[PDB]
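Figure: bosutinib in its bound pose on Ephrin type-A receptor 2.
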Amino acid sequence: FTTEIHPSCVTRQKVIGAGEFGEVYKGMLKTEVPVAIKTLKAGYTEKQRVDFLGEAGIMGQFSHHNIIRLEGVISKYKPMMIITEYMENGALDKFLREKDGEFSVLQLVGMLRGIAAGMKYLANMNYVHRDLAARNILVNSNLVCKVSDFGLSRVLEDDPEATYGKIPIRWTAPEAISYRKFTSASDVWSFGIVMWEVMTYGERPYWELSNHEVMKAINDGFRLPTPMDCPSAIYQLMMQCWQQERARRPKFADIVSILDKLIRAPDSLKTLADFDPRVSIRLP
Ligand SMILES: COc1cc(Nc2c(C#N)cnc3cc(OCCCN4CCN(C)CC4)c(OC)cc23)c(Cl)cc1Cl
């Protein structure tokens, strides 16, 4: 399983993410290229070792532009490490919140197309992500968005947005919440939420509604309102991702096709969905 990298080829330089059992670092790989490096500290359990190397094992099965590339693993020395390509701009949700208003609509839609292409690949590889959200999309210096955060039980266990099953409620499809049915179609629901995150520059879905309030609203038929300056076709597409009936949602194949057609005829994105303002400002 995958390239075993000698520790002398890897230099950890700066902590960029942290947990109780290891950290994520920016570093360099001299087989000299930048890499992300995730560690697992000594004392780890069997389950931790299986979850940790399982993330790398899963990533090693994939070869797609919109899926994080695995460079290799350090497993025969401690601490163990996973080494991936480095995504200079980090997580998409923080990136958009820090860059509010700085992109064109075409750029934002292009990000969505990349995410959708990665998700179509995963779904057709029989991989259900379960935690698709802008926080799990990473962005590089070419503005390419790539799906990250792979594994089995570790995905939802490690995410603080996932609460008690243990689930990140406001990104998750109704059937996954209600009866634990996680499929590529529940990932499509999540993708609809990601579309809303991108078009709003990282607004938190459903604002301050509690988890129960969100579930009640969804079950009563309410959906997130249109973002400001959102192409009508983009809002229509996200709304179809939120059909209660799983079978009525687009597949990722449909999503990629639609986004590709909109990008290739970019004037189609100048028609905007009506934005319902929450504030009335009236001047004589
Ligand atoms: C290596 O192993 C793994 C690494 C990761 N995670 C990452 C991968 C991957 N993959 C790639 N690239 C990453 C880049 C990151 O931050 C870049 C610095 C952004 N700046 C931060 C400061 N602000 C103000 C400006 C932007 C990053 O940050 C936490 C995590 C990354 C995952 Cl999810 C799983 C495994 Cl197994």
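What you see of chain A is 604-634, 640-772, 777-896, where the numbers are those given in the PDB entry. Side-chain atoms are counted along with the backbone in the values below, which use heavy atoms only and exclude waters and symmetry mates. The deposited model was determined using X-ray crystallography, 1.4 Å. Read the numbers this way: they start at 1 and go in the same order the structure lists the ligands and their atoms.
Counting repeats, the structure shows bosutinib at ligand 1. Around bosutinib (ligand 1), within 4.0 Å by heavy-atom distance, are found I619, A644, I645, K646, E663, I676, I690, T692, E693, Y694, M695, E696, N697, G698, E706, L746, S756. For atom 18 (C) of bosutinib (ligand 1), the nearest protein heavy atom is under 4.0 Å away. The nearest protein atom to atom 9 (C) of bosutinib (ligand 1), hydrogens excluded, is given as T692 OG1, 3.2 Å; this is a heavy-atom distance. Per UniProt, the domain of chain A home to most contacts with bosutinib (ligand 1) is Protein kinase. For atom 21 (C) of bosutinib (ligand 1), the nearest protein heavy atom lies 4.0 Å or farther away. In this deposit, the organism assigned to chain A is Homo sapiens.
Distance remark: protein heavy atom not present below 4.0 angstrom from atom 32 (C) of bosutinib (ligand 1). Of the residues that UniProt lists as binding ATP in chain A, those with a heavy atom under 4.0 Å from bosutinib (ligand 1) are the following: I619, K646.
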Check bosutinib (ligand 1) for N or O atoms under 3.5 Å from a protein N or O and list each pair with its distance.
| residue | atom | partner | partner atom | Å |
| --- | --- | --- | --- | --- |
| bosutinib (ligand 1) | 10 (N) | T692 | OG1 | 3.2 |
| bosutinib (ligand 1) | 12 (N) | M695 | N | 3.2 |

